[PDB]
Peer 1: 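What we have here is ibuprofen in complex with Albumin.
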Amino acid sequence: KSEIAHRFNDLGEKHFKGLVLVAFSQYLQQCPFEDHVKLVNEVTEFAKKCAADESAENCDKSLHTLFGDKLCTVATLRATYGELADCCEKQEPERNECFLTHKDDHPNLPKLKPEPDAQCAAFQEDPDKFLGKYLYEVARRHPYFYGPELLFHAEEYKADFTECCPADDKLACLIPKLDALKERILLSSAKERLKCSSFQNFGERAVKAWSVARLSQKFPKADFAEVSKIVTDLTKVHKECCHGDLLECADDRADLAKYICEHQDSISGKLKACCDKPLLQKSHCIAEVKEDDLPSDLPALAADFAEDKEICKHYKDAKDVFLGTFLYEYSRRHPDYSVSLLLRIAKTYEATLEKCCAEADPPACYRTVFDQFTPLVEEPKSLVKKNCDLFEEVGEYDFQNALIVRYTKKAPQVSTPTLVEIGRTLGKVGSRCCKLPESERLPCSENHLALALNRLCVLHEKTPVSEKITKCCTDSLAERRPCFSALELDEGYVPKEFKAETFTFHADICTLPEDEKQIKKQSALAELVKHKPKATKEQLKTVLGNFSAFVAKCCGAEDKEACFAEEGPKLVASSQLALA
Ligand SMILES: CC(C)Cc1ccc([C@H](C)C(=O)O)cc1
Ligand SMILES: CC(C)Cc1ccc([C@H](C)C(=O)O)cc1
């Protein structure tokens, strides 16, 4: 009778208020905090009134109608929000669709550095306002962030300040925890953005396929019936969250966490720990649960999927069912494979049956289908071994430098900051994944690589520069990494004009901390390649080494600007000759 009442009743006031604040911060990214807080408190008051009397006026209206009418009491300021003003002239569901279309992925808001003493004071004074500010600041920076997971991370944010504010040194207690939390926010955002990107670009079938593969790996003891059930429910949850239906999303996610935990005997023996936790922690634990042990009764796939003489009939009868079954069975027994590799294998299997069932003698044609998977498996295995061998030899910094050179040579039209960011990001993937057991390296590496490539594709949608990038981004999720791997330096690329100022360092760099110094030098590295794209890796390594030594010498000098002023121009001049 009243949707807002039902969601308020199911979620409770605190979670309701949290999710409405996040939704508003994601939809309305540029507006300040107190404006959002008022609209949350006003909407929650309305929810309470409706919960008391569901047959009252305006309580029967849709969440989009109510919340949209609420957003449009401040979104009409065209100066602060351009298009959102236009969206507010539309009725539903056109208005909601208009809001979704104009969500900014790279809003480019000031990066927030913690003020430990100022923050600890504000936490103790008004904890609700402080934690509200966190949800708000993260939400508008990450407009497709998984709503209920942001509440979970907000409780971790609370747990940090709670533990450290009462201590004698607040600053050095917090920094490691908030730096750690920031990493988790980045990974989590990337994970959810791929799901929304998959809905947006490829549709439901792609999302379900992806989930079937991942959950089959996670829950090998579970039968095909159980994974299909969980995938169907999980796809509806993520479909709701990606389409801005956060109260609906959160409620259905809680229902799924409940079901998994009530039926964990027929899902996984790894869920016992997860299922003794409060709502947000329980859902999070399940989402991140490690893969179960392989069952002893895994079947022979070759007999069922290559040798059976009437496979073409079974395929025609129900294609997605038969393919889903193959993906389920193949995924279960290959926990050491990446999800994109499993989907590529499934796609190859489908392609073989599509070709072979249109031929004279089908069984002879698809007899060797499993041998087509061998080259698909060896490709990523070789890449991870090559990258991990290099990482373990040269370490994170020089590994990042190798990737910045590799990637600038492939796509020199891409912006220096973006090229540096992808090189640095994938550099850290190496450090995290190459230390793991050999069997966990390939999933870790290629699953994280998929998140990095999707981030790049989402940035490229906003700011297109390269026709090659568009090609790799708009083709299938399975073929994405192969397409990016296959990218090579344009035969008719015009080297970026030399600009001495680009490679000129000043004493300002001595201010910056280590990571920021690295980014300045790694930016110069990208620029070196854009001007000299045929320059060898060792040439570029030597020139960067000379720039590093120069920066170290002049930052350690009694008169820093005199050193930079004298030595800088010499190195800029000689560097051109070294990269011919
Ligand atoms: C702590 C977090 C998990 C839930 C939560 C819910 C609502 C609010 C609002 C903004 C408020 O209390 O003012 C903050 C935090
Ligand atoms: C912009 C572009 C160069 C990004 C890009 C392209 C290819 C790869 C593959 C997986 C590799 O590491 O060789 C990663 C990132």
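Residue numbering for chain A follows the PDB entry; the residues present correspond to positions 4-583, in that order. When a ligand or atom number is given, it counts from 1 through the structure's own listing order.
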Peer 1: Give the place of ibuprofen in the structure, all copies included.
Peer 2: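 Look at ligands 1 and 2.
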Peer 1: Please list the nearest protein heavy atom to atom 6 (C) of ibuprofen (ligand 1) with its residue and the distance rounded to 0.1 Å.
Peer 2: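 Nearest protein contact, heavy atoms only, for atom 6 (C) of ibuprofen (ligand 1) is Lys17 O, 2.8 Å.
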Peer 1: Find all atoms of ibuprofen (ligand 1) within a distance of less than 4.0 Å from any non-hydrogen atom belonging to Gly135, and give their numbers and elements.
Peer 2: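 Under 4.0 Å from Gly135, ibuprofen (ligand 1) has these atoms: 10 (C).
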Peer 1: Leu138 near ibuprofen (ligand 1), heavy-atom distance under 4.0 Å?
Peer 2: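 Under 4.0 Å: yes for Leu138.
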Peer 1: Provide the organism of origin for chain A from the PDB annotation.
Peer 2: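 According to the entry, Equus caballus.
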Peer 1: If the cut-off is 4.0 Å to any non-hydrogen atom of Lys20, which atoms of ibuprofen (ligand 1) fall inside it?
Peer 2: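 So the atoms of ibuprofen (ligand 1) that pass are 7 (C).
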Peer 1: Of the residues in chain A that UniProt says bind Zn(2+), which ones have a non-hydrogen atom under 4.0 Å from ibuprofen (ligand 1)?
Peer 2: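 Applying the heavy-atom cut-off to the UniProt set, I get none.
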Peer 1: Could you tell me which atoms of ibuprofen (ligand 1), counted from 1 in the order shown, lie closer than 4.0 angstrom to a heavy atom of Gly21?
Peer 2: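 It comes down to these atoms of ibuprofen (ligand 1): 6 (C), 7 (C).
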Peer 1: Which domain of chain A, as defined in UniProt, supplies most of the contacts with ibuprofen (ligand 1)?
Peer 2: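 The answer is the UniProt domain Albumin 1.
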Peer 1: Please could you name the atoms of ibuprofen (ligand 1) that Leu154 approaches to less than 4.0 Å, counting only its heavy atoms?
Peer 2: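 Those of ibuprofen (ligand 1) that fall under 4.0 Å from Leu154 are 3 (C).
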Peer 1: I was wondering, what residue and atom holds ibuprofen (ligand 1) by a covalent bond in this structure, if anything?
Peer 2: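 Covalent bond target: none.
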Peer 1: Taking 4.0 angstrom as the limit and counting only heavy atoms of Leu24, give me the atoms of ibuprofen (ligand 1) inside it, by number and element.
Peer 2: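 Near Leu24, the atoms of ibuprofen (ligand 1) are 10 (C).
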Peer 1: I need the residues around ibuprofen (ligand 1) for a figure - heavy-atom cut-off 4.0 Å, please.
Peer 2: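 On a heavy-atom basis, the binding site is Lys17, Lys20, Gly21, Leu24, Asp131, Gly135, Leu138, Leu154, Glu158.
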